[PDB]
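Entry with volasertib: notes follow.
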Amino acid sequence: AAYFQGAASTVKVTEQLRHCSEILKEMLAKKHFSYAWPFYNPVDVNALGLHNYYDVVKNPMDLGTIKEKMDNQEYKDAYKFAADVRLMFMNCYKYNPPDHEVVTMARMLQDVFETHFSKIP
Ligand SMILES: CC[C@@H]1C(=O)N(C)c2cnc(Nc3ccc(C(=O)N[C@H]4CC[C@@H](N5CCN(CC6CC6)CC5)CC4)cc3OC)nc2N1C(C)C
C-alpha cells in the first residue's frame, strides 16, 4: 500500500510536469507566433525606451526564461510553472493600457495556455 501510493504520487507529478513541457512547447510553437512573439525574450527596456518598466514590474518573466528554468530542473511541480506563466501575463496587463495591441496578444496567448492547462491531470 505504502509503495503503491508513493509510486502513484511520483507518476502524477511526473505526468503533470511533462504536460507543462508540452504546454511550453505549444506556446513556443510557430502556430502561435502572431501573438506570442512579444513573450519569447525578456523585455530590453533600454532599446524600447521604458525607463519605468522595472519600477512597475518587480518580477519580470518571459517564455525564454521559463524554458531555461525548466531545462535547468527548476520547477519541482506544475503549479510553480503555471505561476510563472501567469506572472508573465499579469506583468503585461499591469504595465500596459488595455488598448495596446500587446495586451490583446497576451490575452490570446493566455487563452491558449489556460485551455491547455485546464487539461492537466
Ligand atoms: C514591455 C512593455 C510591453 C510588454 O508588455 N511586452 C511584453 C513587450 C514585448 N515586446 C515588445 N516589443 C517591441 C515594442 C516596441 C518596439 C519599437 O519599435 N518601439 C519604438 C517606440 C519608441 C521609439 N522612440 C524613438 C522615437 N520617439 C518619437 C518621439 C516623438 C516622441 C519615441 C521613442 C523607438 C522604439 C519594438 C518591439 O520589439 C521588437 N513590446 C512590449 N511592450 C510594448 C508596449 C513596449
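All residue numbers in this chain count up from 1 along the given sequence. Counting starts at 1 for both ligands and their atoms, in listed order. Values below: all heavy atoms of this structure, side chains included; hydrogens, waters and symmetry mates excluded.
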| Which chain makes more heavy-atom contacts with volasertib than any other chain, name per UniProt? | Bromodomain testis-specific protein
| With a non-hydrogen cut-off of 4.0 Å, what is the binding site of volasertib? | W37, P38, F39, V43, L48, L50, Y53, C92, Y95, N96, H100, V102
| field | atom 2 (C) of volasertib touched by protein (heavy atom, under 4.0 Å) | value | yes
| query | So which protein heavy atom does atom 41 (C) of volasertib come closest to, and at what separation? | reply | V102 CG2, 4.2 Å
| message | As an exercise, identify every atom of volasertib less than 4.0 angstrom from a heavy atom of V43. | response | 1 (C)
| task | Check whether any protein heavy atom sits under 4.0 Å from atom 20 (C) of volasertib. | result | no
| field | Numbered atoms and elements of volasertib in range of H100, under 4.0 angstrom, heavy atoms | value | 44 (C)
| query | What is the closest protein heavy atom to atom 15 (C) of volasertib, and at what distance does it sit? | reply | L48 CD2, 3.7 Å
| query | Looking at atom 13 (C) of volasertib, is any protein heavy atom nearer than 4.0 Å to it? | reply | yes
| Do any non-hydrogen protein atoms sit less than 4.0 Å from atom 34 (C) of volasertib? | no
| query | For atom 25 (C) of volasertib, is the nearest protein heavy atom closer than 4.0 Å? | reply | no
| Per-atom contacts, volasertib versus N96 - under 4.0 Å to a heavy atom | 2 (C), 3 (C), 4 (C), 5 (O), 44 (C)
| message | If you scan the protein for heavy atoms around atom 5 (O) of volasertib, do you find one that is closer than 4.0 Å? | response | yes
| query | Under 4.0 Å from any heavy atom of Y95, which atoms of volasertib are there? | reply | 2 (C)
| volasertib contacts in chain A: dominant UniProt domain | Bromo 2
| Short list, please: which atoms of volasertib are under 4.0 Å from a heavy atom of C92? | 5 (O)
| Counting only non-hydrogen atoms of the protein, does one fall under 4.0 Å from atom 38 (O) of volasertib? | yes
| Protein contact for atom 29 (C) of volasertib (heavy atom, distance under 4.0 Å) | no
| Please state which protein non-hydrogen atom is closest to atom 9 (C) of volasertib and give its distance, to 0.1 Å? | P38 O, 3.2 Å
Kindly print each volasertib N/O atom paired with any protein N/O atom under 3.5 angstrom away, one pair per line, or none if nothing qualifies.
residue	atom	partner	partner atom	Å
volasertib	5 (O)	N96	ND2	2.9

